[PDB]
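Entry below: contains vorinostat.
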Amino acid sequence: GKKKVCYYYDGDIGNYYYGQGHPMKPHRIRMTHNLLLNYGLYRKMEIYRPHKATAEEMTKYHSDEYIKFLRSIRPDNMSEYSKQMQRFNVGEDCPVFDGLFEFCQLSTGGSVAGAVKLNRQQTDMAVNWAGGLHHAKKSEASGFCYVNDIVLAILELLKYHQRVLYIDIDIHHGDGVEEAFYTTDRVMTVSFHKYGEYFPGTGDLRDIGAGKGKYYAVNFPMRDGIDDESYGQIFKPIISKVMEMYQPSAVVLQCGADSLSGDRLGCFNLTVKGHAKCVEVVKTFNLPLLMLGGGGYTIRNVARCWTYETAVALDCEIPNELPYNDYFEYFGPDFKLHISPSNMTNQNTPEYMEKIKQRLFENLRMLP
Amino acid sequence: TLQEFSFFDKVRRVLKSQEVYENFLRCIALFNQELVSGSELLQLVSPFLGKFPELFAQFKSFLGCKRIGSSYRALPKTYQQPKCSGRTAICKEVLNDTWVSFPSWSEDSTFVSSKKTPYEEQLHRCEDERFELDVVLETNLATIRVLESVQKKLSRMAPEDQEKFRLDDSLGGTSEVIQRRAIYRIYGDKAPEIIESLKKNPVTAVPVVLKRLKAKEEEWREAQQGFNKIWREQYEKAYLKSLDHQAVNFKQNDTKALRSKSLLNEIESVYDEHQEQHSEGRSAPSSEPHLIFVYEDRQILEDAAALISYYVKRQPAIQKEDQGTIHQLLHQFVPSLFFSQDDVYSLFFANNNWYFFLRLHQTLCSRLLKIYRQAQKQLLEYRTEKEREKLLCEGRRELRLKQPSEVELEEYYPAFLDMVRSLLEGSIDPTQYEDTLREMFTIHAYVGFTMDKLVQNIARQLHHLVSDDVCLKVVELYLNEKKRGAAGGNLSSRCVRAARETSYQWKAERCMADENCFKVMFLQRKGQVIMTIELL
Amino acid sequence: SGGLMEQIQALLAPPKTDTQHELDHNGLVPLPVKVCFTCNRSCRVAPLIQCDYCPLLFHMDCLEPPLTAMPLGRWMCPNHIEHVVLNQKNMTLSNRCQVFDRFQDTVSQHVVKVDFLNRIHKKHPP
Ligand SMILES: O=C(CCCCCCC(=O)Nc1ccccc1)NO
Ligand SMILES: [Ca+2]
Ligand SMILES: [Ca+2]
Ligand SMILES: [Zn+2]
Ligand SMILES: [Zn+2]
Ligand SMILES: [Zn+2]
């Protein structure tokens, strides 16, 4: 039925500048919000301003030294932290820009507030598109991410929920979140990703966990050019089996949009409808769900995808015609909500997918 | 006994090599030294004999720091784990502490240049160009709003208190960086003096900063309007070409893939694979065809015949008698072979040229069917989308371009045929033809990019199919044998006429004893025609 | 090659007043052919990877579990013995190599290996 979905947005998130020519652009969130305003989706949704997360809420997973470095480093004093900058992997790939700590605070606070809201049972759906940074490690920055807010949100969720299930449909492997919970059975991480000469270079079929957390981490490696039909054919049965064996109490869904066709860094061939089919499938199971952002580097497609999933979570149907908005010219020349795929070859043959699915099923049957 | 000798004989025969066989011997010898248990022995021998159930059953009867995964390494035990201040009980009991996973790669970055057509790079560049200007503009506008709000607050209080009002480094906003960033961008090196003036004496300094910011905002807005005008008709020129990932590869790949030698190799390789399988003695019946293709519509057949006739009728080097002969071959004999004039089959014995012609004709028919199906799908999707979007309350459930009418959507396919005819005549340029096809069929248009050449190829085959006595003798032999009914007939009567069919094949062997002989079976089923070709 | 970036960055600038198993060159299945060990098919259906220890060609999908990407280095086919040696991962590669070379000088040994096979084969031990 129709339920309540808390929405977290801070007006200042769109202004933070990663640098010239850097693929990561917070501006996308702003455009997404703008689209939500011009479809009239603010009336059926509750919008909150996320509180900034103190360093004390970040040091629950990150070391105090790394957080102190993040809070201290500025573009005008890069000379006095060079060694530290080498140590914490802050530099070329993850640059130091103006107000990066405030960006991390807002992104983390949105997801932490959503997790607290879900714990208090004031809602069964919280959305934070500023979140979804899953590559950050305990004491280092990786993959354009500085603070791992997914781990902090799950740590907040664990205070009331015995089992938390995390699902990752970003094209990259969520190594930070999987590594944070590699040896525990209270969190199982499902990741669908491209594998083979690709960042971060982890997430093999045989990475199934360690110690007490064995068989509680599943990875589906893929090839170039997966499309909507294959993704739908292999996502629904695997998630159904995971939910029937694991029986979780809360779900955290990472909705990274770099797995769509035409992405500046991705290789897949999904569309907005096929991407949001996963949201529909997850929502079918009626669990406290926390939807997060993530990757996505073709800015217009990110806006389209995230506004469509926000509409889907509200059980609202929106027209295929884009309404007039502040960033309308981004969406030319068609000005449609849905996107068309390319005709790139799908290298994932049916036998490959069947074999990987069978291996995953046999791995899942071993849970107690 | 001799059973063990026979077993070893068949295994070294089936392994087809000495090195793999010797690896098997190394396995069994390592077992013989009592280092291998029986179950472990069979689990090691399973790779060698996993595809021969008989051999596997016979062998079973005869018998009667640490690292995990692939990318996780154990942390040192004597390693000073970085202390954390917020660790609660769940933090200690849940968080991983012993494995660290090292990225198993070094390549810095390649994005996806492998699959990013130059037309997707222009779109990316235009996007980043838009984003830079937009982010600067919106930072300026947010700072303008913040200063307007603080000025409105200031104007409402007592004049003896205004000189006592001050601002911090957030400058009235919720961020300590953004407003200073905007002021720095506006004022260059003089930014710190203006910032100190704003913090110390807001009353006199706010309006002048607001005026400067507003003037810069207006100038940047008009510049952005001009840049928006320029950025358009680059998206228009790049969008449809960015989604078509195969045209550049497809043109050359298809211009090669249709040569006679390539078609011959495509079946010679399959014949060699089947011959090797027969040599190894694997369980495969010796009656399956090497290649199988499907024709799913007769209308596509007469459309293709009409296209080929249209091209051939405008040929200067083909004489009127040859035009008539090709007409009889194309509109009479070929439909008879496909039985246009269940479980009813036709048998045909052909040389190289007829095999080439059949391959090319099947390719053309399949492509025409693909285009037709795409047009039908487009029309259906448009009608369904119209019906769906008509019934939409949108948010109540708590310029642009004019899409074509339905009539154009259903007339796309005849328009496509007219376009193919125009291209064949040479009245339309290949570039305009390709652009119209792309705008008509989006990402499935490339299927028709090299049609004319294909038709040309087919034409040549037809012409040669008249000039070579072997081909006319082949068709005459088929007709003479069909007059007896041995070549092709009902499926059940096969065993009734099988010996007679053998005679036909015999004659084929004595008519093309220096040339490849092809057995072609046309099987009709549920409105489709399956053409199965096997090389003798 | 006219890009708008220079004009935008100037307009926004601060006032700083301071071998054999592969397709031929034209693209053709080489003849005679070598086939996959699992399906007995050539490179036409899919590219073949060649084991560098034994002359066994394989398909990326015909393996179990299938390979996701091309192996960049030296790859080991699943039809060798060093896999059971890999069960114990503590020992280094030099000892493994010396153990293998302990049987690399009398490679035929056909009489003695059939003899050991029948010697073990007796149901009642001697
Ligand atoms: O989307 C991501 C992060 C992808 C990180 C890819 C790192 C390599 C890279 O492309 N770096 C880069 C490129 C241009 C400019 C600066 C850094 N995770 O989900
Ligand atoms: Ca993923
Ligand atoms: Ca786990
Ligand atoms: Zn990603
Ligand atoms: Zn194979
Ligand atoms: Zn090998």
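The order of the sequence lines fixes the chain letters, beginning with A. Note that chain A carries the PDB entry numbering, so the residues on display, from first to last, are 8-375. Residue numbering in chain B adheres to the PDB entry, whereby the residues present occupy positions 304-367, 394-670, 737-793, 802-939 in order. Quick note: numbers on chain C are straight from the PDB entry, i.e. 17-34, 257-364, in order. Per the header of the entry, the method used was electron microscopy, 2.8 Å. Atoms considered below: every heavy atom in the structure, side chains included; atoms not considered: hydrogens, waters and symmetry mates. Order of listing sets the numbers, starting from 1, for every ligand and every atom in it.
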Which components of the model belong to vorinostat? ligand 1
Chief macromolecule bound to vorinostat (UniProt): Histone deacetylase 2
Other-chain contacts of vorinostat, heavy atoms, cut-off 4.0 Å: A, B
Which nucleotides or residues of neighbouring chains are within 4.0 Å of vorinostat (non-hydrogen atoms)? A:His29, A:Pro30, A:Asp100, A:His141, A:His142, A:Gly150, A:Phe151, A:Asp177, A:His179, A:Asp265, A:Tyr304, B:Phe440
I'd like to check which vorinostat atoms, numbered from 1 as shown, lie under 4.0 Å from a non-hydrogen atom of A:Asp177. 19 (O)
Would you check whether A:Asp100 has a nitrogen or oxygen atom less than 3.5 angstrom from a nitrogen or oxygen atom of vorinostat? yes
Name the organism the PDB gives as the source of chain A. Homo sapiens
Which other ligands and ions fall below a cut-off of 4.0 Å from vorinostat? ligand 4 (zinc ion)
State which residues of chain A, listed by UniProt as binding Zn(2+), have a non-hydrogen atom closer than 4.0 Å to vorinostat. A:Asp177, A:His179, A:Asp265
What atoms in vorinostat come closer than 4.0 Å to a heavy atom of A:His179? 1 (O), 2 (C), 4 (C), 18 (N), 19 (O)
Find the residue among the UniProt active-site annotations of chain A nearest to vorinostat; state the heavy-atom distance to the nearest 1 Å. A:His142, 3 Å
Short N or O distance, A:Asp265 and vorinostat, threshold 3.5 Å exclusive: yes
Less than 3.5 Å between some nitrogen or oxygen of A:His141 and one of vorinostat, yes or no? yes
Which UniProt Ca(2+)-site residues in chain A are within 4.0 Å of vorinostat on a heavy-atom basis? A:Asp177, A:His179
Per-atom contacts, vorinostat versus A:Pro30 - under 4.0 Å to a heavy atom: 13 (C), 14 (C), 15 (C), 16 (C)
List the name that the entry gives to chain B. Isoform 2 of Paired amphipathic helix protein Sin3b
Per-atom contacts of vorinostat with A:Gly150, taking only distances under 4.0 Å to non-hydrogen atoms: 3 (C)
